[PDB]
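First the structure, in the form of C-alpha cells, and then the observations on it.
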Amino acid sequence: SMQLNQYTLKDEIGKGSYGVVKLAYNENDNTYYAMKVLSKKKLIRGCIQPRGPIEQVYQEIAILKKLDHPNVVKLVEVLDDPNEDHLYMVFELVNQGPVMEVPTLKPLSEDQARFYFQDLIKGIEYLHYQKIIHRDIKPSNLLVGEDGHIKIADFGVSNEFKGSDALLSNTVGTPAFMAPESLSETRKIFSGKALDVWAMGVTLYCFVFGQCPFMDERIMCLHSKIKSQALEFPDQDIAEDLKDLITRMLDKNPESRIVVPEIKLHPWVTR
Ligand SMILES: CC[C@@H]1C(=O)N(C)c2cnc(Nc3ccc(C(=O)NC4CCN(C)CC4)cc3OC)nc2N1C1CCCC1
C-alpha cells in the first residue's frame, strides 16, 4: 500500500485514459473510498474544438459538487496541489462495482432489469432537474451499492445548462449509446435530455439481452447502423410491454422519442 494524506491506497479498481482508480482507506473515519488518480501531464498527452483536458476535468468536478442523490455517485474530496502532477478525486465507495460489462453471456432477468431501470429513472430525473445532461449512460457506468441499488457514475462528458434543455453540438459519449441526431456529418444542434433517454433505452436493451441493439467493431459502421437500421429484437423472449418501452426510447426522431415523465408512467415500469 501507500499513504496519501489520511488515506491508505490499496488495490487498483479501475483504469482508463483518465488514469487509475484506487481503493482508499481513510484512517481518520475507518471507511473505504474510491480514489481516482489523474496525471496532468498525461491528460495534456459535431467535431467542435472542446476546452482543454485538465479544464474538462474541472468541469466534471464542478458538476459532481452539485449532486446529492441516492442514485448518483458522491464526490467527497479533491486534492490538487498546484506544484504536483497528480489530481485526486475521492468518491464514496460503491461496494459492488459496475452492474455489468457488455457484452456478456449473463444478461439480467426482466425483474432485476426493472429494479435497476427504476433506479436509473430516478437518477436521470434528478440529473435533469439539476440541469445536467449525463451523455454517457451505459451499464458499466451504473454502480451497485451495498443497498443493492444503482448509482450513476462518470460525469466526464456531462453538460450543465440553463433553461429548459441543453443546446448541444459536440459528438461525445460511448459510440454504441449515442443517439442518431448526434451523429450527422452535417454540423447541427440537438437537445440534451433526449440523448440521455436514447442511452437509457440502449442500456435497458443491454440489461435484458447482454448485447447492444446496434453493434459493430467498426465505429463508422456502428454510427451508420444507429442512424439507418431498424431496431430488432432477438428471438431469445421478453414481454411485449418491455419491447414497447424500449422501442419508444429508441425512436430515431428525438421530437417523438418518449420523455422521462412518460417513462415513469409506462406499464412495464409501474408493474
Ligand atoms: C471512482 C470512479 C467511479 C465512481 O464514480 N465511484 C463513486 C466508484 C465507487 N466505487 C467503485 N467501486 C468499485 C469499482 C470496481 C471494482 C472492481 O472490482 N474492479 C475490478 C478490479 C480488477 N480489474 C482487472 C477489473 C476491475 C470494485 C469496486 O469497489 C469495491 N467504483 C467507482 N468508480 C469506478 C467504477 C469502475 C472503476 C471505478
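Residues displayed in chain A correspond, in order, to the PDB entry positions 159-203, 222-412, 414-448. Counting starts at 1 for both ligands and their atoms, in listed order. When reading the values below, keep in mind they use all heavy atoms of this one structure, side chains included, and skip hydrogens, waters and symmetry mates.
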How do the PDB entries name the drug found at ligand 1?
BI 2536
At the binding site of BI 2536, which chain contributes the most contacts (name from the PDB entry)?
Calcium/calmodulin-dependent protein kinase kinase 2
For BI 2536, which residues in other chains have any heavy atom nearer than 4.0 Å?
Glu170, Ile171, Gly172, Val179, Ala192, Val249, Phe267, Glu268, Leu269, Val270, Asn271, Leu319, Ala329
How about atom 1 (C) of BI 2536: does it have a protein heavy atom within less than 4.0 Å?
yes
Would you check the N or O atoms of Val270, main chain and side chain alike, for any that come under 3.5 Å of an N or O of BI 2536?
yes
Residue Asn271 vicinity, atoms of BI 2536 by number, heavy atom under 4.0 Å
29 (O), 30 (C)
Determine, using UniProt annotations, which domain of chain A has most residues touching BI 2536.
Protein kinase
Close-contact set for BI 2536 against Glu170 heavy atoms, below 4.0 Å
21 (C)
Taking distance alone, with no angle check, do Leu181 and BI 2536 share an N/O pair under 3.5 Å?
no
Heavy atoms of the protein only: does one fall short of 4.0 Å from atom 15 (C) of BI 2536?
yes
Which residues that bind ATP according to UniProt in chain A have at least one heavy atom within 4.0 Å of BI 2536?
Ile171, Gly172, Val179
Any protein heavy atom at under 4.0 Å, with atom 12 (N) of BI 2536 as the reference point?
yes
Please check if a non-hydrogen protein atom sits closer than 4.0 Å to atom 18 (O) of BI 2536.
no
Give the residue, atom name and distance (to 0.1 Å) of the protein heavy atom nearest atom 3 (C) of BI 2536.
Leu319 CD1, 4.1 Å
Which residue and heavy atom of the protein sit nearest atom 36 (C) of BI 2536, plus the separation
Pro274 CG, 4.1 Å
Around atom 20 (C) of BI 2536, find the nearest protein heavy atom and jot down its residue, atom name and distance.
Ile171 O, 3.6 Å
Relative to BI 2536, which UniProt active-site residue of chain A is closest, and what is the heavy-atom distance rounded to 1 Å?
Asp312, 11 Å
Show which atoms of BI 2536 fall inside a sub-4.0 Å distance from at least one heavy-atom site of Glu268.
7 (C), 9 (C)
